[PDB]
Amino acid sequence: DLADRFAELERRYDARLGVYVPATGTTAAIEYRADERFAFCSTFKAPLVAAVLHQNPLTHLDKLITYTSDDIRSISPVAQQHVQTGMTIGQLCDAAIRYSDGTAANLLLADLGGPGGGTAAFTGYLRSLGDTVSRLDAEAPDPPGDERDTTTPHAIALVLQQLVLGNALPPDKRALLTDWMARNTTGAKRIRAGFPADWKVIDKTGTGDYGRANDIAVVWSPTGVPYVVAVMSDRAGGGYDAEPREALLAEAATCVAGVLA
Ligand SMILES: *C(=O)[C@@H](NC(=O)/C(=N\OC)c1ccco1)[C@@H]1NC(C(=O)O)=C(COC(N)=O)CS1
């Protein structure tokens, strides 16, 4: 029984854990706290890039964006390296997904445009995909329970499913998004750690205060059967400085993989 295993992990890591895997041909949906709200953290950057791709011709990826000192307000491993030259939209998408770059995400939000520095248009994009649940309210750089900047494992899984496996994006734009997630550098110790090496994993991570650790993935079996895996967690019991625990997500993913293999 998965629910007992998930509950066991919650006690181990003094955590709240949310899990959703959408149903397939032969597997029922896996769900644990799947309709509870958890902070997006950086996981919004995957649908954000989808929004930017959708909104523009593909050659918009070549548009150079300039930025300066006061735009670097959050963890931005790539954008800090290129502040003196600027970065193209394509480079920003790359950084936002593969390095979870905060500045890159803010600039992409600004590119999408509109009220709240792009957060309203980003939320509008999710609504267009039938997601009435998620909301983005602020930029990089939220107390536990607060509904601002939250999604649910259920909602974000269905969004990722449409983006990667469905037809939310035309194939050419879909492949750009899928490739960036495939080449992600931040996810080795999360969902990836729970699935055997002969399963393909693409993902976008999220990490925050109050022990927040997320990962959203699409995985493929050795025979090419895809599954969407959304795992979210926080550790409110440790306060603001509670350490995020990647191992919680690795273990949750291992339990899921055991059911799907
Ligand atoms: C997105 O989740 C974002 N994280 C942050 O910007 C955080 N603090 O600013 C409010 C934060 C808190 C703890 C760590 O960062 C970026 N994303 C990610 C990510 O995992 O996607 C990280 C991850 O660090 C890892 N791998 O442990 C930090 S920056």
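FYI, the numbering just counts along the sequence from 1. Note that ligands are numbered from 1 as they come in the structure, with each ligand's atoms numbered from 1 the same way. Just so you know, these numbers use all the heavy atoms, side chains as well, and skip hydrogens, waters and symmetry mates.
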Specify the drug or drug candidate at ligand 1. cefuroxime (bound form)
So I'm looking at this entry - what's holding onto cefuroxime (bound form, ligand 1) the most? Name it the way it appears in UniProt, please. Beta-lactamase
Protein heavy atom at shortest distance from atom 23 (C) of cefuroxime (bound form, ligand 1): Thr207 OG1, 3.3 Å
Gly206 touching cefuroxime (bound form, ligand 1) at heavy-atom level, < 4.0 angstrom: yes
Protein non-hydrogen atom below 4.0 angstrom of atom 27 (O) of cefuroxime (bound form, ligand 1) present: yes
Considering non-hydrogen atoms of the protein only, which is the closest contact for atom 12 (C) of cefuroxime (bound form, ligand 1), and what is the distance? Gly208 CA, 3.4 Å
Could you see which bit of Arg190 sits under 4.0 Å from cefuroxime (bound form, ligand 1), with heavy atoms only: side chain, backbone, both or neither? side chain
For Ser100, which part has a heavy atom under 4.0 Å from cefuroxime (bound form, ligand 1): side chain, backbone, both, or neither? both
Using a distance threshold of 4.0 Å (strictly less than), state whether atom 4 (N) of cefuroxime (bound form, ligand 1) has a protein heavy-atom neighbour. yes
Proximity to cefuroxime (bound form, ligand 1) by part of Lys204, non-hydrogen separation under 4.0 Å: side chain
Can you tell which part of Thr205 has a heavy atom less than 4.0 Å from cefuroxime (bound form, ligand 1): side chain, backbone, both or neither? both
Look up the covalent attachment of cefuroxime (bound form, ligand 1) in this entry and give residue and atom. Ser42 OG
Would a search of protein heavy atoms around atom 8 (N) of cefuroxime (bound form, ligand 1) find one under 4.0 Å away? no
Of the residues in chain A that UniProt says bind substrate, which ones have a non-hydrogen atom under 4.0 Å from cefuroxime (bound form, ligand 1)? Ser100, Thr205, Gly206, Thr207
Which residues count as the binding site of cefuroxime (bound form, ligand 1) under a heavy-atom cut-off of 4.0 Å? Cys41, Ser42, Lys45, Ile75, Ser100, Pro141, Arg190, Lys204, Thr205, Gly206, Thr207, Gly208
Contact table cefuroxime (bound form, ligand 1) N or O to protein N or O, d under 3.5 Å:
unit_1                            : atom_1 : unit_2 : atom_2 : d
cefuroxime (bound form, ligand 1) : 2 (O)  : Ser42  : N      : 2.9
cefuroxime (bound form, ligand 1) : 2 (O)  : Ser42  : OG     : 2.3
cefuroxime (bound form, ligand 1) : 2 (O)  : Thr207 : N      : 2.8
cefuroxime (bound form, ligand 1) : 2 (O)  : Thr207 : O      : 3.0
cefuroxime (bound form, ligand 1) : 4 (N)  : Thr207 : O      : 3.1
cefuroxime (bound form, ligand 1) : 17 (N) : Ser42  : OG     : 3.0
cefuroxime (bound form, ligand 1) : 17 (N) : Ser100 : OG     : 2.7
cefuroxime (bound form, ligand 1) : 20 (O) : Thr205 : OG1    : 2.9
cefuroxime (bound form, ligand 1) : 20 (O) : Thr207 : OG1    : 2.8
cefuroxime (bound form, ligand 1) : 21 (O) : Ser100 : OG     : 2.9
cefuroxime (bound form, ligand 1) : 21 (O) : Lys204 : NZ     : 3.3
cefuroxime (bound form, ligand 1) : 21 (O) : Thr205 : O      : 3.1
cefuroxime (bound form, ligand 1) : 21 (O) : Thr205 : OG1    : 2.5

